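Section: structure with opicapone.
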Amino acid sequence: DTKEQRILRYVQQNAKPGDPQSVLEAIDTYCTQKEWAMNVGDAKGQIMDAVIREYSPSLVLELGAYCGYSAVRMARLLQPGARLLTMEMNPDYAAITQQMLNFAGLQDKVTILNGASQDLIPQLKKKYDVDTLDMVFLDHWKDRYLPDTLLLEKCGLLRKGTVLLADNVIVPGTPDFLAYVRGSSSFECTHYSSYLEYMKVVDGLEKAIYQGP
Ligand SMILES: Cc1c(Cl)c(C)[n+]([O-])c(Cl)c1-c1noc(-c2cc(O)c(O)c([N+](=O)[O-])c2)n1
Ligand SMILES: Nc1ncnc2c1ncn2[C@@H]1O[C@H](CSCC[C@H](N)C(=O)O)[C@@H](O)[C@H]1O
Ligand SMILES: [Mg+2]
């Protein structure tokens, strides 16, 4: 089997069904003690939790689901009626994410989009009944952060106050995205310095709040 299947099996065998917090702790436990994996982790996840609780977004878009750790982390804090849409181009990973969300009891809150973000972003308004996004979590391939941010703006998916939260802006790093949002008056930026998941390597999240054209 794969590492992603072993993570899901550990959750199914150790986490409590319908308990998102228990599912998160099981994923973090397995990857801390057995196999490292690119989940956002508990250190940066706690910063994510605080950002989510401050802005209380009604519609969240996630770029990169992997095994569903970040989707479980964000969906467990959403108000009733709020929605999370997550895009995952790997079908093997998205099948794991769906089973992870089902186990945590959050399937009614999260919708998985199978495909590449650059192909799915232009179809959000028509196919998934989206006006503008309240929050965007960027966590896919690092070279897509900036072009997808420009694509989200072109398709009219950003409004004044839309919160962009970017992972891995230090390690592995997103230099072009970081330089663009920090240099553009369209984005007010705040850096939250933390640590790479399950490690003591320095990383951080960048919050970029859209201010308009
Ligand atoms: C593990 C590691 C170590 Cl020990 C060192 C020293 N360095 O330099 C790097 Cl770069 C890595 C590293 N490899 O992959 C990732 C990573 C993390 C994500 O959170 C993420 O989302 C994605 N991703 O591909 O989406 C990738 N990090
Ligand atoms: N262009 C793209 N469109 C959609 N998904 C992409 C993508 N490029 C990479 N990805 C996916 O994004 C994932 C990044 S790992 C992200 C982990 C997750 N956000 C968490 O914290 O738990 C990978 O699984 C990869 O398959
Ligand atoms: Mg990441």
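Quick note: residue numbers are just sequence positions, from 1. Both ligands and their constituent atoms are indexed starting at 1 by order of listing.
Counting repeats, the structure shows opicapone at ligand 1. In this structure the chain with most contacts to opicapone is the one the PDB entry names Catechol O-methyltransferase. My check of the UniProt S-adenosyl-L-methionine-binding residues in chain A for heavy atoms under 4.0 Å from opicapone returns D139.
Near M38, meaning under 4.0 Å from any of its heavy atoms, are these atoms of opicapone: 18 (C), 20 (C), 22 (C), 23 (N), 24 (O).
Looking at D203 against opicapone, nothing comes within 4.0 Å, counting heavy atoms. The distance from opicapone to the heavy atoms of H140 drops below 4.0 Å at these ligand atoms: 25 (O). Among the ligands and ions shown, the others lying under 4.0 Å from opicapone are ligand 2 (S-adenosyl-L-homocysteine), ligand 3 (magnesium ion). Remark: opicapone and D139 share an N or O pair separated by less than 3.5 Å (distance only, no angle test). Residue contacts with opicapone: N39 is placed with no nitrogen or oxygen under 3.5 Å of a nitrogen or oxygen of the ligand (distance criterion only).
For the pair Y66 and opicapone, no heavy-atom separation below 4.0 Å is found. With a cut-off of 4.0 Å on heavy-atom distance, the UniProt-listed substrate-binding residues of chain A close to opicapone are: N168, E197. By chain and number, the binding site of opicapone at a non-hydrogen cut-off of 4.0 Å is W36, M38, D139, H140, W141, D167, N168, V171, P172, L196, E197, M199.
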